[PDB]
Novice: 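Pasting a structure here, questions to come.
Proteins get letters first, then strands, A, B, ... in listed order; numbering begins at 1 in each. Counting starts at 1 for both ligands and their atoms, following the listed order. Only a slice of the deposited entry appears, and the contacts counted are all within that slice. These values consider heavy atoms only, across backbone and side chains, with no hydrogens, waters or symmetry-generated copies.
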Amino acid sequence: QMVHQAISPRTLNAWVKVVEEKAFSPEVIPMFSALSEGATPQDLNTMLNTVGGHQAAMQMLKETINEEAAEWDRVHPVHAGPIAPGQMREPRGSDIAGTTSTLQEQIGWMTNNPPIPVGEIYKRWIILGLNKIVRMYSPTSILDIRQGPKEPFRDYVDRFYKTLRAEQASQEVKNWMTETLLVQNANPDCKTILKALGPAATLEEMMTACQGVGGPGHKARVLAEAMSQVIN
Amino acid sequence: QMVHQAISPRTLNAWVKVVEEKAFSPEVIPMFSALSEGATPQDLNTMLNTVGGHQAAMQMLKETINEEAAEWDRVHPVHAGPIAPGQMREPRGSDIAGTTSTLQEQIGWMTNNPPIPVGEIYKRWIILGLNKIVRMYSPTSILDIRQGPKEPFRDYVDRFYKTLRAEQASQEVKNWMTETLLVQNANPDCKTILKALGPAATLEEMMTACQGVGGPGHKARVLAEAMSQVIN
Amino acid sequence: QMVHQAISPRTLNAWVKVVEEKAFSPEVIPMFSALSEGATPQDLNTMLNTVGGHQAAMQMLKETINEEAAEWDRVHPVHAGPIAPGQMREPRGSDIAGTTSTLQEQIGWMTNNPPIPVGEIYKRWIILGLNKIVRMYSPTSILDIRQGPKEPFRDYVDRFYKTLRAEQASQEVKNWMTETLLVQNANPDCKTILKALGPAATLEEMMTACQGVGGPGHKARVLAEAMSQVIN
Amino acid sequence: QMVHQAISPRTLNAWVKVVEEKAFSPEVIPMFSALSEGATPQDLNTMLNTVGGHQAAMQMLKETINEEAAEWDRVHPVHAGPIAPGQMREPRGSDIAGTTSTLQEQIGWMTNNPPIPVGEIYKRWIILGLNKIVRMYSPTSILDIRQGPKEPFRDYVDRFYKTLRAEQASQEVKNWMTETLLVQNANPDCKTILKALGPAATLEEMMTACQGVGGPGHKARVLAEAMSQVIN
Amino acid sequence: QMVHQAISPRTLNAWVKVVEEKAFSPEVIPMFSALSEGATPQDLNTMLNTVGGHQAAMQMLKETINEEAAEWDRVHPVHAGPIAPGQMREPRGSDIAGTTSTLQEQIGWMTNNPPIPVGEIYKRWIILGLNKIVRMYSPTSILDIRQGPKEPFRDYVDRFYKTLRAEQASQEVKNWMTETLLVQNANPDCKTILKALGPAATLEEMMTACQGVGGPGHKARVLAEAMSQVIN
Ligand SMILES: CC(C)(C#Cc1ccc(-c2ccc(Cl)c3c(NS(C)(=O)=O)nn(CC(F)(F)F)c23)c([C@H](Cc2cc(F)cc(F)c2)NC(=O)Cn2nc(C(F)(F)F)c3c2C(F)(F)[C@@H]2C[C@H]32)n1)S(C)(=O)=O
Ligand SMILES: CC(C)(C#Cc1ccc(-c2ccc(Cl)c3c(NS(C)(=O)=O)nn(CC(F)(F)F)c23)c([C@H](Cc2cc(F)cc(F)c2)NC(=O)Cn2nc(C(F)(F)F)c3c2C(F)(F)[C@@H]2C[C@H]32)n1)S(C)(=O)=O
Ligand SMILES: CC(C)(C#Cc1ccc(-c2ccc(Cl)c3c(NS(C)(=O)=O)nn(CC(F)(F)F)c23)c([C@H](Cc2cc(F)cc(F)c2)NC(=O)Cn2nc(C(F)(F)F)c3c2C(F)(F)[C@@H]2C[C@H]32)n1)S(C)(=O)=O
Ligand SMILES: CC(C)(C#Cc1ccc(-c2ccc(Cl)c3c(NS(C)(=O)=O)nn(CC(F)(F)F)c23)c([C@H](Cc2cc(F)cc(F)c2)NC(=O)Cn2nc(C(F)(F)F)c3c2C(F)(F)[C@@H]2C[C@H]32)n1)S(C)(=O)=O
Ligand SMILES: CC(C)(C#Cc1ccc(-c2ccc(Cl)c3c(NS(C)(=O)=O)nn(CC(F)(F)F)c23)c([C@H](Cc2cc(F)cc(F)c2)NC(=O)Cn2nc(C(F)(F)F)c3c2C(F)(F)[C@@H]2C[C@H]32)n1)S(C)(=O)=O
Ligand SMILES: C=C(C)[C@@H]1CC[C@]2(C(=O)O)CC[C@]3(C)[C@H](CC[C@@H]4[C@@]5(C)CC[C@H](OC(=O)CC(C)(C)C(=O)O)C(C)(C)[C@@H]5CC[C@]43C)[C@@H]12
Ligand SMILES: O=P(O)(O)O[C@H]1[C@H](OP(=O)(O)O)[C@H](OP(=O)(O)O)[C@H](OP(=O)(O)O)[C@@H](OP(=O)(O)O)[C@H]1OP(=O)(O)O
Ligand SMILES: O=P(O)(O)O[C@H]1[C@H](OP(=O)(O)O)[C@H](OP(=O)(O)O)[C@H](OP(=O)(O)O)[C@@H](OP(=O)(O)O)[C@H]1OP(=O)(O)O
């Protein structure tokens, strides 16, 4: 037969925009519940594959799906023997998840009498994964990258640029983030030097200027400055 | 038969990441060319539907595809007469674009003898559209929203928030953009008042303070201050 | 039969020069796409084996190819039974990647009716790997090796020479890099000592001169110098 | 038969615009590869013939194509002579490039069973040529035409006007280039005289004024001025 | 039959790494002799085609191979008459070089009774070529580009950038090379001006500042300054 509730182009685009705009806020759960209703496991897998970024969250979702597939296998004992020509094989957990089943098999299960709604079962598994992501997963934010009090400026710059590469933004916005947040979120010891350097300093100049922060000479210099302020 | 070069989960995710990270920089043309080789028009349509945002760009792409389909229809004249039972209908432009053709028909055209590579024809049409986008389309940027010299502060705030809603960023990043760019990119007449308000000013207080800029009272007051400087 | 699109000597040399000149900049993706079109998986493997250096990137590419081969195996079920004498075995994921297939088998698949373009499928897998490399892989640079603020000079020298051995350069250029960058990219505490040492100092004398930096005596001496400057 | 992927008017116009806008930046390689897919060698030659200017680059491309045709002829031995009435002659290197083959022969090769993708082979040869151009060819720029320290002003003017005639620009832009760059890019010895002449000076007047630069009289005069400054 | 000593992926990669790391130092001769032993002329040609850069060296090697092939043809007289059906044609010099012989013919010669080791003969020819390269070929070096005493700065800059384009380095290393060596290896007359310009000067500003060096004005000015020092 045919699946009447196969996802339309606008449904897929709406799901993509939901993920891009809201990330994994709780709002994602109702949206996925409504956009994916009636769809085959193949359509749900398409929707899950359209998620860009958030690799850790997607791995969490995959783990949850695998656990639910194991639970399905536990509850449904394997039947051994020759299947009737009219009948078809009973779904397994991987069949529900669509890893070991074709679209035709999923449609056959969904449109059979009695019907096995593999799409809805898989949808509930995905919802469990999404709930776990919403509770547990925290996406990386370039706004959260601050230099530690004893962190070398080079390591902080490396973390900043890694997070910026993972950041969802336009290249112009990422350039503006580099120009604004990197110096601002440095620790006070490095920030003093960076401000003394001037606004026109390049990254190499900034990195050389802070290369000694925490070394013997810089420690002695700041200690002597504080002691001189005290004596005066 | 079956299509061996149907897009895999990783192929679709790579396309999604390419669009999210590069927007419509020229790099999008090779990637789409390489990620979509040998795919059916249905897979191409899926890839196009996973593009979030850039609605004007997608409208441009659709116009280009429609014009290419019209060109195909002009080149291939429709032949009147019943098709042979072992033969299938010759594709029209809409058939290549995937609008009026099913996946089975596309596979039949691609795997026939002689083959009609509808996927590759549609790929070239999409590449023409993408080239037009890369040449002529410029995405909206929150960094580009600046108050006009005579523009009311309300209108500028409205434009800023519309562009922010359209911006591809996390909610925390969007909040930071609101806290940073809105006052910064205001015109000097509003910006002096906004600075006089102080950092703690809310949006409504900021908008009330600038409500009279350009009115008779504000014009008279600034002229009076300037002539106070002059006749000092 | 024969493969009409086997890579020519100039095609292979062009690929080698692309890798040597641009490393894994995005330009590598279109170039590989155009140089390898119509080639057997054996030719693509020949092209991949000519990449000198970038071992981590090539391991990434191999992981991507293995994932795509697993996806192929998942989508193509194994058929058990006696193959027809006029027929050949259906390609598996390793067969497309060329690990478990011979050049004759690849040519037979590519030139059969219906054809299985194993070269094109493998090319898309390699393109996915190259896209991952372009996005995620960053080659080591001798210019990026700087001494940490608390790093011993000997450890920094070891890191510098390891990176220099990995660097793509002529031996004369590498000697010039040793003569220019090693002292330049040392931290301020070691740089002071190295500059006081003189331009004729050897590597052993430089390591001896900086051997005590961060030790108790050096710390006391720099502290005393700072305090003396403060008292005076 | 007929070629389904024959270049459309928009495809050819896009190729022309790509060449006009980007000259031979790396971007030309993907665009060509995308615009020329599935086309006959005749369409490829039409695409190549629309390149205006860059004659040296076109010559390099022709040399690369001839080299690839020679390689093809080396790999494919010439048949004995008994051509089957139902079969057609096997293509040579010149047939792949379309110099000695007609459109009908190219279509026959492309649509035959087994197929010989003469268009794609030729496209690979053209891509090799374009890669050579991108790597090696540098277009002449009016911005780079500067007078040598001992170059006569007449010779520099002649070089400037030759380059300007070769430059891609409108006549008004060329006139503005003449009014701006010619005096600006002269050597200091001629530039001083040109500045002393005044903005209204014509080309003939400037050329007459600089006719003596480097001669014994001008050298003696400039030396005398320098010595007079020294004595005073 | 089959060639048991066909080059493995690691053999080819080792040869590529040898050429990239050692260029044509004498170490290349043993390495090539060891990696290539027992291989067909086709494998030898692959290894030679994987050499990027050093085009003059490769031309020398090709000339040496052609002369050795001529020597082989002189020593082995061509015999007129039909070859025996069980026998194969006797190799010519081009057959040993692999230009006019297919892989099947090479394998047939190497595995015949008595055997003709065309691979070993070709290897000795290549060794002669590599020896000629090691003795007579010196690769271009960016470190060797120095401005002549009265070379115009523009010509020296052109030479520097051509050599830099030919240089085997990463783009970052080439940028650093431009930042360091170009001013450093200018002649003293231009170098004084370049230092007077300052570190922030662009290439166009440097070319304008040195455009007059060697012209009448600059010669008179420097002579006048020297005479000022003398008559001081
Ligand atoms: C052809 C088509 C119709 C299809 C299909 C199709 C079929 C099956 C599956 C699949 C479903 C369920 C399980 Cl439980 C496993 C499994 N279990 S296992 C042995 O432990 O790994 N494997 N698969 C791969 C299988 F089946 F192919 F083997 C699956 C997918 C998933 C959909 C999915 C994506 C996701 F993110 C998280 C999920 F929970 C499920 N997509 C992938 O898995 C590929 N992926 N994975 C991960 C990650 F690791 F981060 F989670 C990532 C991807 C990514 F999308 F690239 C993206 C960056 C993130 N799609 S179409 C048009 O969409 O291409
Ligand atoms: C079921 C499935 C396999 C399928 C399919 C499927 C089938 C056909 C088409 C389609 C293709 C070509 C043309 Cl030429 C037309 C057409 N020509 S017409 C009379 O002028 O409108 N109509 N269609 C709708 C048709 F065919 F249904 F009639 C099409 C699509 C397109 C793919 C596409 C997306 C795109 F962005 C630009 C394109 F050029 C083509 N997607 C849509 O069209 C929906 N869309 N449109 C637009 C816009 F208008 F902005 F461009 C937008 C969307 C959006 F994705 F929401 C996104 C915000 C942007 N997908 S699946 C798993 O992928 O869901
Ligand atoms: C004879 C010939 C025609 C052939 C062939 C030939 C045949 C197969 C393969 C191969 C292809 C695909 C997979 Cl998926 C695996 C696999 N999968 S596995 C079980 O997990 O390891 N193994 N192979 C080895 C196999 F098949 F032989 F078993 C492969 C290769 C690869 C080509 C390749 C190179 C590459 F860099 C990255 C790739 F993704 C694929 N070359 C190698 O792999 C050897 N290599 N590997 C790595 C690394 F580890 F860094 F990635 C490195 C090399 C290196 F080249 F030395 C270089 C330093 C880097 N070539 S010829 C003229 O070319 O000599
Ligand atoms: C009927 C029709 C459909 C056709 C065809 C048609 C057929 C063949 C060829 C051709 C193709 C390949 C080779 Cl390898 C040779 C060859 N090899 S050879 C013995 O060394 O000269 N000769 N030809 C002439 C041949 F075959 F006709 F004899 C060719 C062309 C080329 C296409 C081409 C253009 C190009 F720029 C660079 C190329 F590599 C290939 N166009 C020309 O060559 C004319 N050209 N050449 C050069 C230059 F020298 F600068 F590169 C220039 C032109 C120019 F366009 F004027 C432009 C200023 C530059 N077109 S159409 C479109 O006319 O209506
Ligand atoms: C298909 C395959 C199995 C094969 C083969 C294959 C077959 C033959 C040959 C060949 C061998 C010997 C001679 Cl004596 C001649 C010849 N004699 S002649 C009439 O005077 O020119 N011609 N050939 C071309 C022939 F045979 F096609 F006619 C050859 C090559 C050579 C191998 C080679 C490379 C080399 F550097 C120096 C050599 F001495 C020999 N590679 C080329 O020639 C292409 N090349 N040439 C030169 C240069 F000119 F600089 F030396 C350059 C290249 C380059 F690689 F691009 C690189 C920049 C340098 N490869 S595979 C997988 O490897 O692609
Ligand atoms: C009589 C005078 C008024 C004064 C009073 C005394 C005097 C003084 O102290 O001023 C002693 C120094 C001299 C003699 C001047 C006169 C001028 C000359 C002269 C400027 C002459 C032109 C010559 O130039 C050339 O030959 C051109 C050149 C490029 C070198 C070439 O052709 O190769 C040079 C060599 C540059 C000299 C330098 C010596 C002095 C200053 C004298
Ligand atoms: O007590 P110490 O044995 O002398 O330890 C010191 C000291 O650590 P203490 O807090 O225990 O005193 C310093 O201070 P902390 O950072 O750990 O708070 C620390 O680092 P800093 O000097 O940068 O502050 C480092 O001192 P050093 O920089 O010399 O490594 C360390 O080791 P030392 O014994 O070598 O001084
Ligand atoms: O000074 P240059 O820029 O190099 O050019 C030359 C050159 O001088 P050099 O010795 O430095 O090369 C000539 O040679 P000399 O006599 O000084 O040895 C000299 O005179 P001659 O040409 O007669 O030999 C004179 O050349 P000119 O007669 O043109 O003045 C001079 O100046 P120019 O740069 O103007 O040629």
Novice: Which named drug shows up at ligand 1?
Specialist: lenacapavir
Novice: Specify the drug or drug candidate modeled at ligand 6.
Specialist: bevirimat
Novice: Of all chains in the model, which has more heavy-atom pairs under 4.5 Å to lenacapavir (ligand 1) than the rest, named as the PDB entry has it?
Specialist: Gag
Novice: Would you pull out the other chains with a heavy atom less than 4.0 Å from lenacapavir (ligand 1)?
Specialist: A, B, C
Novice: Tell me the nearest of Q59(A), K62(A), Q55(A) to atom 43 (O) of lenacapavir (ligand 1), using heavy-atom distances.
Specialist: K62(A)
Novice: Residue-level breakdown please: for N13(B) versus lenacapavir (ligand 1), do any non-hydrogen atoms fall below 4.0 Å on the side chain, on the backbone, on both, or on neither?
Specialist: side chain
Novice: For lenacapavir (ligand 1), is there an atom lying under 4.0 Å from some heavy atom of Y122(A)?
Specialist: yes
Novice: So between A70(C), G53(A), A97(A), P9(B), whose heavy atom ends up nearest atom 4 (C) of lenacapavir (ligand 1)?
Specialist: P9(B)
Novice: Give the atoms of lenacapavir (ligand 1), by number and element, whose distance to some non-hydrogen atom of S8(B) is under 4.0 Å.
Specialist: 64 (O)
Novice: Distance to 0.1 Å, residue and atom name: give those for the protein heavy atom nearest to atom 20 (O) of lenacapavir (ligand 1).
Specialist: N66(A) ND2, 3.2 Å
Novice: Students should be able to answer this: which protein heavy-atom is nearest to atom 8 (C) of lenacapavir (ligand 1), and at what distance?
Specialist: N45(A) ND2, 3.5 Å
Novice: I need the contact type for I65(A) against lenacapavir (ligand 1). Using non-hydrogen atoms and a strict under-4.0 Å cut-off, is it side chain, backbone, both or neither?
Specialist: side chain
Novice: Give the single entry among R74(C), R10(B), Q42(A) that approaches atom 47 (C) of lenacapavir (ligand 1) most closely by any heavy atom.
Specialist: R10(B)
Novice: Tell me: protein heavy atom nearest atom 63 (O) of lenacapavir (ligand 1), and distance?
Specialist: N49(A) ND2, 2.7 Å
Novice: Give the atoms of lenacapavir (ligand 1), by number and element, whose distance to some non-hydrogen atom of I7(B) is under 4.0 Å.
Specialist: 1 (C), 64 (O)
Novice: Specify the protein heavy atom at minimum distance from atom 10 (C) of lenacapavir (ligand 1): its residue, its atom name, and the distance to 0.1 Å.
Specialist: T99(A) CG2, 3.6 Å
Novice: What protein heavy atom sits nearest atom 37 (C) of lenacapavir (ligand 1), and how far away is it?
Specialist: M58(A) O, 3.6 Å
Novice: Any heavy atom of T46(B) closer to lenacapavir (ligand 1) than 4.0 angstrom?
Specialist: no
Novice: Atom 38 (C) of lenacapavir (ligand 1): which protein heavy atom is closest, and how many Å away?
Specialist: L48(A) CD1, 3.9 Å
Novice: Which organism does the PDB annotate as the origin of chain A?
Specialist: Human immunodeficiency virus type 1 group M subtype B (isolate HXB2)
